[PDB]
Structure formats: C-alpha cells, structure tokens
*Asks:* 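What follows is a structure written as structure tokens; I'll ask about it next.
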Amino acid sequence: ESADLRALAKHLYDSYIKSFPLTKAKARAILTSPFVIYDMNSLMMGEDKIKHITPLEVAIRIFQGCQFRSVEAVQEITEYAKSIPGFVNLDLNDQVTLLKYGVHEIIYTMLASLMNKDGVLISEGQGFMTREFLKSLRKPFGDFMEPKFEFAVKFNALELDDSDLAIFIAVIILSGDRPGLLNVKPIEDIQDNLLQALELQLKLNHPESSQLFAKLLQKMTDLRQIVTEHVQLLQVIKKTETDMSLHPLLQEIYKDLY
Amino acid sequence: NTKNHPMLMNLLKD
Ligand SMILES: CN(CCOc1ccc(C[C@@H]2SC(=O)NC2=O)cc1)c1ccccn1
C-alpha cells in the first residue's frame with residue numbers, strides 16, 4: 001500500500017531529523033562563516049579558533065579529528081537504526097552485525113552531504129578543510145580522503161535530499177548479505193519494504209530523473225568498496241605508523257571487518 | 001557478534 005510506504009518514509013525522515021544534528025539541508029546552506037583550513041598554518045590557527053576533547057604531526061592530528069567525528073557519527077547512526085521498524089527485533093547479535101558493517105557506509109554517505117568538489121565541512125560546520133590540503137598530506141594520509149571526495153562528487157550529482165537519504169541509509173543498514181548474519185530472512189524482509197518505500201519516495205520526489213533508483217542502488221556497492229579500501233589502508237599504516245592508536249569503539253568495529 | 005563488540009551492544013541497549 002502506497003500510503004503505508006509514505007508513512008514509513010515520513011517516520012524515517014522524522015527520526016533522521018531527530019538523530020542527525022547536521023543534515024544535508026543545513027550543510028548545503030552553509031556551503032553555499034566557517035574557518036577555512038587550507039594549509040599547515042591555517043590548520044594550526046584553526047583548532048584554537050574551532051569538537052575534539054582529551055587530556056591535551058598534522059596528518060595524525062587530522063586523523064584523530066576524523067576518528068572523534070566517527071565515534072559521534074556511530075552514536076547518531078545507532079540511534080537512527082533503532083527507529084527503523086523491526087530493527088530492534090532482530091537477533092541482538094545481528095543488530096550488532098548490521099551496525100558493524102553498515103556504520104562506515106552511512107558515514108561516507110553522509111560525509112558527501114558536507115562535501116563539494118573543493119573541501120568538506122568539519123566540526124559541525126564551523127570549519128571547512130580543503131580537498132587540496134587533505135591531498136597534500138604525507139605518506140598514505142594524503143590518500144585517506146580522496147576516494148571519499150570522488151565518491152561524493154558523483155553521489156552529490158544525484159541531488160538527493162534528506163528525506164531521500166533517510167530511506168537510503170536505512171536500506172544500507174538492513175543488508176542481508178553482511179558476513180556472519182544468523183537470521184538473514186527477517187532482515188531481507190525489512191530491507192525489501194524499505195526498498196519499496198525508497199522507490200516510491202524517489203518517483204514522488206524526483207519525477208524528472210529516470211532510473212534514479214537504479215543509479216542509487218549502484219552507489220550502494222561503491223560505498224562497500226570505499227569501506228573495504230579504507231579498511232586496508234588502515235591496516236597498511238598500523239605497521240609503519242607508531243603514533244596512531246584507534247579509538248576503542250572504532251577498533252571494535254574494524255576488528256574483523258574485511 | 002554479541003560476544004565481542006560490547007561497545008556496540010551498549011549503544012543498542014538503550
Ligand atoms: C575531514 N573531516 C571531516 C570528517 O571527515 C571524516 C573522514 C573520515 C572519517 C572516518 C574515520 S577515519 C578512520 O580511519 N576510521 C573512521 O571511522 C570520518 C570523518 C575532519 C578532519 C579533521 C577533523 C574533523 N573532521
């Protein structure tokens with residue numbers, strides 16, 4: 001029933017607004033004034049002007065900035081997943097497995113909302129770190145962000161809004177082919193109805209773009225690959241890199257990821 | 001799964 005799918009779409013958009021303080025609409029409104037970090041000197045100036053708390057090399061520091069952002073993103077995503085009808089019924093083991101494999105895919109999806117072709121909103125939109133600077137970084141740090149920027153440029157061309165993204169994100173979380181799932185049957189059934197809600201959502205909200213649903217689902221596999229390539233580049237520098245020690249939440253997520 | 005991932009479980013708990 002179309003109306004039951006419009007009621008699922010509305011519930012997810014309402015929960016998405018409640019779960020994610022920096023939405024794409026606010027991000028677009030800003031990107032169209034945050035402190036611009038574009039080189040070494042503007043970075044050092046930036047973190048005194050500007051979302052990092054602890055007891056106390058630039059590449060490592062920026063990396064710990066992103067880690068800190070991740071940990072809070074997982075918390076928003078977890079609070080959002082819990083509102084997806086039927087998620088809090090799945091085998092608690094499988095809730096954990098969906099979270100585990102879904103959380104970075106959502107992070108990069110929502111990171112695209114904060115990106116344009118030249119940089120990214122940081123620290124809830126009070127900063128803007130340039131793509132060039134991120135690329136200029138040394139060793140393998142200059143390659144962390146670049147695939148995200150390339151994904152975001154293509155993904156942002158779809159012109160999804162937050163109401164679109166609320167269902168797309170939910171579709172991603174409820175993937176039935178995550179390694180180690182116990183009960184894939186009720187997960188696929190939840191996902192199947194989210195996909196119907198997404199499809200109706202895209203035909204109502206984007207009547208003019210044919211095959212947007214098709215283009216969107218192909219992006220889902222892009223996201224999986226981005227995370228897989230990040231997993232490895234993370235395991236690359238856990239050998240050379242002496243100064244990095246991943247946040248506990250993140251080393252738990254990454255543990256036997258890929 | 002649930003054995004490992006205590007941090008995930010506790011975010012899911014409430
Ligand atoms: C570029 N920005 C915006 C956020 O950009 C992000 C880039 C990567 C991640 C994923 C982290 S990083 C990692 O290796 N594992 C994770 O979960 C999360 C956010 C910065 C940069 C510095 C400080 C704060 N914000």
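Order of the sequence lines fixes the chain letters, A, B, ..., with proteins taken first and strands second; residue numbering starts at 1 for each chain. When a ligand or atom number is given, it counts from 1 through the structure's own listing order.
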*Asks:* Which chain forms the chief contact surface with ligand 1, and what is its name in the PDB entry?
*Replies:* Peroxisome proliferator-activated receptor gamma
*Asks:* Specify the drug or drug candidate at ligand 1.
*Replies:* rosiglitazone
*Asks:* Heavy-atom contacts under 4.0 Å: which other chains make them with rosiglitazone (ligand 1)?
*Replies:* A
*Asks:* Hey, could you tell me which residues sit within 4.0 Å of rosiglitazone (ligand 1)? Heavy atoms only, please.
*Replies:* A:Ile62, A:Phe63, A:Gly65, A:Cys66, A:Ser70, A:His104, A:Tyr108, A:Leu111, A:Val120, A:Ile122, A:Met129, A:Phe144, A:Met145, A:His230, A:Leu234, A:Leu250, A:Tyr254
*Asks:* Okay, covalent or not for rosiglitazone (ligand 1)? And if covalent, which residue and atom?
*Replies:* none
*Asks:* In terms of residue, atom name and distance, what is the protein heavy atom nearest to atom 3 (C) of rosiglitazone (ligand 1)?
*Replies:* A:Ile122 CG2, 3.6 Å
*Asks:* Going by the atom numbers of rosiglitazone (ligand 1), which of them fall below 4.0 Å from some non-hydrogen atom of A:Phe144?
*Replies:* 14 (O)
*Asks:* Within a distance under 4.0 Å of any heavy atom of A:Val120, pick out the atoms of rosiglitazone (ligand 1) and give their elements.
*Replies:* 1 (C)
*Asks:* For rosiglitazone (ligand 1), which atoms, with element, lie under 4.0 Å from some heavy atom of A:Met145?
*Replies:* 7 (C)
*Asks:* Which of the atoms in rosiglitazone (ligand 1), numbered in the order shown and given with their element, are less than 4.0 Å from a heavy-atom of A:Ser70?
*Replies:* 9 (C), 10 (C), 11 (C), 16 (C), 17 (O), 18 (C)
*Asks:* For A:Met129, counting its heavy atoms only, list the atoms of rosiglitazone (ligand 1) lying under 4.0 Å from any of them.
*Replies:* 21 (C), 22 (C)
*Asks:* What are the atoms of rosiglitazone (ligand 1), with element, lying closer than 4.0 Å to any heavy atom of A:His230?
*Replies:* 13 (C), 14 (O), 15 (N)
*Asks:* What atoms of rosiglitazone (ligand 1) come closer than 4.0 angstrom to any heavy atom of A:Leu234?
*Replies:* 14 (O)
*Asks:* Of the residues in chain A that UniProt says bind rosiglitazone, which have any non-hydrogen atom under 4.0 Å from rosiglitazone (ligand 1)?
*Replies:* A:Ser70, A:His104, A:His230, A:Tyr254
*Asks:* With only distance considered, is A:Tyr254 within less than 3.5 Å of rosiglitazone (ligand 1) through an N or O on each side?
*Replies:* yes
*Asks:* Could you check the entry and tell me where chain A comes from?
*Replies:* Homo sapiens
*Asks:* Report the nearest protein non-hydrogen atom to atom 21 (C) of rosiglitazone (ligand 1): residue, atom name, distance rounded to 0.1 Å.
*Replies:* A:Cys66 SG, 3.4 Å
*Asks:* For rosiglitazone (ligand 1) and A:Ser123, I'd like to know whether there is a polar contact (N/O to N/O, distance under 3.5 Å).
*Replies:* no
*Asks:* List every atom of rosiglitazone (ligand 1) that sits less than 4.0 Å from any heavy atom of A:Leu111, numbering the atoms from 1 in the order shown and giving each element.
*Replies:* 4 (C), 5 (O)
*Asks:* Give the UniProt domain of chain A containing most of the residues in contact with rosiglitazone (ligand 1).
*Replies:* NR LBD
*Asks:* Where does rosiglitazone (ligand 1) get N/O contacts under 3.5 Å from the protein, atom by atom?
*Replies:*
unit_1                   : atom_1 : unit_2   : atom_2 : d
rosiglitazone (ligand 1) : 14 (O) : A:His230 : NE2    : 2.7
rosiglitazone (ligand 1) : 15 (N) : A:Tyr254 : OH     : 2.4
rosiglitazone (ligand 1) : 17 (O) : A:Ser70  : OG     : 2.5
rosiglitazone (ligand 1) : 17 (O) : A:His104 : NE2    : 2.8

